[PDB]
Amino acid sequence: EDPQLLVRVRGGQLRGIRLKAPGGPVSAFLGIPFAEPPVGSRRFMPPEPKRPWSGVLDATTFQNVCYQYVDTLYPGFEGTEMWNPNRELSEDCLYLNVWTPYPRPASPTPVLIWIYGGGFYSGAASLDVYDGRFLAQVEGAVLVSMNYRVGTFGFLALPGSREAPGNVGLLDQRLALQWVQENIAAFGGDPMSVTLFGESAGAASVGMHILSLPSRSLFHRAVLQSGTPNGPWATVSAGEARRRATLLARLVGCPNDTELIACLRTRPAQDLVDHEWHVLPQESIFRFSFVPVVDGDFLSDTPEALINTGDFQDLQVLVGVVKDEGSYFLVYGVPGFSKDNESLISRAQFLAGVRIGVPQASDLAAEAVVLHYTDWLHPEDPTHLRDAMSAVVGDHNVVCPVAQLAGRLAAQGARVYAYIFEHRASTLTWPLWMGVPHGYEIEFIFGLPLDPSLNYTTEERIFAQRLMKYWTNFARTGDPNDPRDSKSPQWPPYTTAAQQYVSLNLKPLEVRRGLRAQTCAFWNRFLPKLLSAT
Amino acid sequence: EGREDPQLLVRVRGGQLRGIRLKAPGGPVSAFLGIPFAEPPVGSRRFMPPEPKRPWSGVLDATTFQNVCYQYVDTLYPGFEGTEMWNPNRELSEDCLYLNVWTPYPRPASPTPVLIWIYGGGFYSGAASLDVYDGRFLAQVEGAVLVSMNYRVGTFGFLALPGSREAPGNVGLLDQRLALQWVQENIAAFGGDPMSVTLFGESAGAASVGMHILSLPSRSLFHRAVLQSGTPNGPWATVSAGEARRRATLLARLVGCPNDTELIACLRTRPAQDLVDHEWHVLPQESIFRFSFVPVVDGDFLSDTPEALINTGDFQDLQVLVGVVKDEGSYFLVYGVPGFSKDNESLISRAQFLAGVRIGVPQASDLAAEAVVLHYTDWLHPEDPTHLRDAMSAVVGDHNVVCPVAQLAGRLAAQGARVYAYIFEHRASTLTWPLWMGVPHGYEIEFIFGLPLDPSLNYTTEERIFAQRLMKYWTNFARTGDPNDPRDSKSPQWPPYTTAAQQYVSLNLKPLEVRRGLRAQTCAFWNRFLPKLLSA
Ligand SMILES: *[C@@H]1O[C@H](CO)[C@@H](O[C@@H]2O[C@H](CO)[C@@H](O)[C@H](O)[C@H]2NC(C)=O)[C@H](O)[C@H]1NC(C)=O
Ligand SMILES: C[N+](C)(C)CCOC(=O)CCC(=O)OCC[N+](C)(C)C
Ligand SMILES: C[N+](C)(C)CCOC(=O)CCC(=O)OCC[N+](C)(C)C
Ligand SMILES: *[C@@H]1O[C@H](CO)[C@@H](O)[C@H](O)[C@H]1NC(C)=O
Ligand SMILES: *[C@@H]1O[C@H](CO)[C@@H](O)[C@H](O)[C@H]1NC(C)=O
């Protein structure tokens, strides 16, 4: 019995496992329950706190993945399978993981809490890319990650109902946050220095915690990677959540809300997942059936309204995007695209793809997108059209929403730092045309290139080490720069005047100005004016 | 005759003429100035198509420029060469339908290509007699025969009660056409080749050239065309029958004139100046680069709209040269946009930019105007008064000239025409407008006509060489339909504009540089997006 691996938390005693990191050991406590299992009558309901337990709970292994859809577009392919569940699926999935230095930190250490992405329909904290050991060992950080409910289980809502109120996956995350405030000191973590970080739907999640008052006493800083609470996909209205929940119910033979929710609770988990992708209003990509709802509770108003009227004075945010945010999504619905060819498309296929990639756009608004993204010197060139399609989807769904948030936060007191991530992993199994796809910065921030068995280059290991420092410097101080340092390319704050951000690549930091400024003016200022007049 | 220079006596269809021996820097030229080509369009003839000039007895003196057609005279900046250089240099009269001819001295032995200049000035102003249109240098240096005609402007050329007999519209264009007919019948008397006539003009003059391309009866009267900083398509060069009628009727009321015959009859009783004094009061909006009396789509001279005609036309037999100056819009901003002045830097605010766009794009809805502001904003510096000033210039220039030209060039190329496109980017060293205005509308003309060759004018040596290059491109085009010299292979070549490659050349002090896409993205905005917005 190694006393470093034995911790007492409020609910009882835990035994962790000593893991090997490249430069030394780390203590890991995996599969710690933070809620009562949300099963049977507790499906669709807010999480309840975990009852205390007897003896010593075994926290040496990852727990089950929340019940979710599993991707089958390309069986066996690493590019898709690296995001699929790696533990058994279950509705009993509300557990969290903690990595700490070995021996445990002498003095209180900054805490980073990772919230995974996956469209609010998928994801798990057990995926290898989310491995906290490298950050623990190298940076001395305490790293925490939680499972939260996804799909119908986390986000099906009959708004105003007592028994399916909506947003329960966000309340799962909040309970884990509450757990960290109460327990993280036992691991050497500093509960007065918690940084949320996440990617895609996890970044949207982080933003929702910034915009929900109860969450704000549970952290101090935030990192939003490739995702925002504002934007086209991260929220639905109460009417539209009700519509989808009602249509899903109908699809599974169910059945007054009480009666409808009750019948849904009798259905096997897979029966719900079976009909998950039949409730969307259009043929679309980058669109997810069950997501956070503007309920007037967790979210007091729309994220747009909230970001425009918020006071962000004692907040620090790190935000950014990858170079090719849209590319990944094109192979999942747009005719002409595939990982297995160069996806050189016709102009006809481009016009069609815009209707799928901007599914809420009217005929005129779709036409304005096509005209803006056409290179009128090469209007029919298949490479330009393919790359333009990627751009439309990435800009609409991620870059322009990020730019808009960055600017509101900055304008309203927040200290903001922005980046574009431009390095394509040498190990990537997706084709060259997709570039630096959505999700492929995470492995560098988590420090996976430091594991020499993973076949990254020496430059990537050095690069990962740089990114780990920025993120953990930010966690420590709300500033990604070194306090004592190498020095003379400093990462400057993003402001609404200068609009400075940095390129994250194998070369030293480069400061640029304007995150797609002209194009995001199109999406953020023109298109809203268009369809609100028309 | 007897004691008189035998090289200056020529007979045309109407009778005998006496010209004048003028000095060009390189040697003498012959000029026959003030040749009547129509009956004076005065009295009962006002607003009516021109009648060909009846023959005269004796020898008509063709030694001086004749009267300028009655017109508005610019008052904005009195005594200032920037404005005065375009103002009338002879007395104003409705008796003004004269044309001018310049030829080598002695007149060429074998038939020479003819260039016909059609001046600009909004269809409300202009004269063939301005110094800037002086044909002596082209005649002397290139051996060209150059013709320039006066045509009626303002109400006198373009006021229309469409469908009427007494005021059918387009009569100023009919004046231009009669001159083209005159050249056909008569230019051989001067050594010009009637089977090789190339038109050219700037602004309204270029719109006019394009209307002759688009009008059947004019097509037999010339062989190649050159349109500088203007087009028949676009927002300002024509008006619908209904808008022409509305403007004519409003003007009539304003001068105290109530049946079209009765209305037009009463208009003919009014002093020419009364008409001029009210012509600016009939535009539908507060605007710039908009002109009250302009060609009308009558279903006669213009059988449909220029847009329809350029889209459905067969131009296989057409060789055309078209282009633009670097700063088409700057000039116009000082005649209407609050914030702008020739006497300061015109650093405007964002509020002044939005205001100006309403004036610069007068026919735009609120949504269209905001699309323009959003497109032209530098979102890295949205409040910077230097960019705002220059975006205001660009809006006006792109909407009214650059994108219509891009448009025309593409339709013509797509439909068989051999097209050559340029952008002119040299700012004359003698320009009196402020630097912020760049290379403004009309300031290439003096180089094409060769004024820098006159040492009394104080241009640089480099500017003289550059003028000689341009005169060669223009006359080579006139001669052959190709502005390149066949023997000179060392100089860089000017390639034709095509839809595939969209090539065009920069005209400046440096050798020709080929560029691709004449403002392709922005003109997609004006030519493809806004039209689709309009339908909704
Ligand atoms: C440059 O000169 C112009 C011409 O007078 C000035 O324009 C005026 O600006 C004021 C203040 O904004 C307005 O009230 C007027 O409407 C403008 N006059 C007109 C009719 O153009 C301009 O202010 C000058 N620039 C500076 C700062 O010296
Ligand atoms: C982003 N990530 C790297 C974390 C995981 C990749 O997941 C996707 O398949 C992206 C495409 C997608 O969202 O598909 C959902 C639609 N569906 C369910 C029909 C596949
Ligand atoms: C022939 N040129 C274009 C080289 C010079 C034209 O000069 C102008 O007046 C341009 C400004 C203008 O069109 O004035 C219109 C307003 N108005 C009529 C009141 C003077
Ligand atoms: C690329 O691959 C996809 C999938 O089979 C196919 O539908 C598409 O037409 C292909 N394109 C070309 C032109 O090879
Ligand atoms: C040109 O320069 C001369 C020589 O200094 C000067 O005296 C003359 O007035 C100038 N004329 C013009 C046209 O500017």
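Per chain, numbering begins at 1; letters A, B, ... match sequence-line order. Counting convention: from 1, in listed order, for ligands and their atoms alike.
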Colleague: Okay, next thing: the drug at ligand 3, what is it?
Modeller: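 That drug is succinylcholine.
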Colleague: Counting heavy-atom pairs within 4.5 Å, which chain has the most contacts with succinylcholine (ligand 3), and what does the PDB entry call it?
Modeller: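 It has the most contacts with Acetylcholinesterase.
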Colleague: Return the other chains, by letter, having a non-hydrogen atom closer than 4.0 Å to succinylcholine (ligand 3).
Modeller: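 Heavy-atom contacts come from B.
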Colleague: Could you help me figure out which residues touch succinylcholine (ligand 3) at a heavy-atom cut-off of 4.0 Å?
Modeller: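 Heavy atoms under 4.0 Å: B:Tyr72, B:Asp74, B:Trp86, B:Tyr124, B:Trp280, B:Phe291, B:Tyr331, B:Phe332, B:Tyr335, B:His441.
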Colleague: Mind checking which other ligands or ions are less than 4.0 Å from succinylcholine (ligand 3)?
Modeller: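 That would be none.
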Colleague: Please list the nearest protein heavy atom to atom 20 (C) of succinylcholine (ligand 3) with its residue and the distance rounded to 0.1 Å.
Modeller: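 Going atom by atom, the protein heavy atom closest to atom 20 (C) of succinylcholine (ligand 3) ends up being B:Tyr72 CE2, 3.5 Å.
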Colleague: Return the residue, atom name and 0.1 Å-rounded distance of the protein heavy atom closest to atom 11 (C) of succinylcholine (ligand 3).
Modeller: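 Of every protein heavy atom, B:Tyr335 CD1, 3.5 Å lies nearest to atom 11 (C) of succinylcholine (ligand 3).
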Colleague: Give me the residue, atom name and distance of the protein heavy atom closest to atom 1 (C) of succinylcholine (ligand 3).
Modeller: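 In this structure, atom 1 (C) of succinylcholine (ligand 3) has B:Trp86 CE3, 3.8 Å as its nearest protein heavy atom.
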Colleague: What are the identity and the minimum heavy-atom distance (to 1 Å) of the UniProt active-site residue of chain B closest to succinylcholine (ligand 3)?
Modeller: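 Nearest UniProt active-site residue and heavy-atom distance: B:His441, 3 Å.
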Colleague: May I ask you to identify the nearest protein heavy atom to atom 18 (C) of succinylcholine (ligand 3), giving residue, atom name and distance to one decimal place in Å?
Modeller: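 The closest one turns out to be B:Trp280 CZ2, 2.8 Å.
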Colleague: Quick check for my notes - source organism of chain B in the deposit?
Modeller: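 According to the deposit, it's Mus musculus.
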Colleague: Which residue and atom name correspond to the protein heavy atom nearest atom 3 (C) of succinylcholine (ligand 3), and how close is it?
Modeller: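 The closest heavy atom on the protein side is B:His441 CD2, 3.4 Å.
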Colleague: Is the shortest distance from atom 16 (C) of succinylcholine (ligand 3) to a protein heavy atom below 4.0 Å?
Modeller: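 So far as the 4.0 Å threshold goes, atom 16 (C) of succinylcholine (ligand 3) is out of reach of every protein heavy atom.
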Colleague: For atom 10 (C) of succinylcholine (ligand 3), find the nearest protein heavy atom and state the residue, atom name and distance (0.1 Å precision).
Modeller: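 The closest one turns out to be B:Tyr331 CE2, 3.5 Å.
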Colleague: Can you list the succinylcholine (ligand 3) atoms lying under 4.0 Å from a non-hydrogen atom of B:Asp74?
Modeller: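 Those of succinylcholine (ligand 3) that fall under 4.0 Å from B:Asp74 are 9 (O).
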Colleague: Considering only the protein, which heavy-atom contact is closest to atom 9 (O) of succinylcholine (ligand 3), and what is its distance?
Modeller: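 Protein heavy atom at minimum distance: B:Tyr124 OH, 3.0 Å.
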Colleague: For succinylcholine (ligand 3), what covalent attachment (residue plus atom) does the entry record, if any?
Modeller: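 In the model, there is no covalent bond from succinylcholine (ligand 3).
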Colleague: I'd like the atom pairs linking succinylcholine (ligand 3) to the protein - N or O on both sides, separation under 3.5 Å - with distances to 0.1 Å.
Modeller:
residue	atom	partner	partner atom	Å
succinylcholine (ligand 3)	7 (O)	B:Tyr331	OH	3.4
succinylcholine (ligand 3)	9 (O)	B:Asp74	OD2	3.4
succinylcholine (ligand 3)	9 (O)	B:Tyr124	OH	3.0
succinylcholine (ligand 3)	13 (O)	B:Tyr124	OH	3.2
succinylcholine (ligand 3)	14 (O)	B:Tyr124	OH	3.3

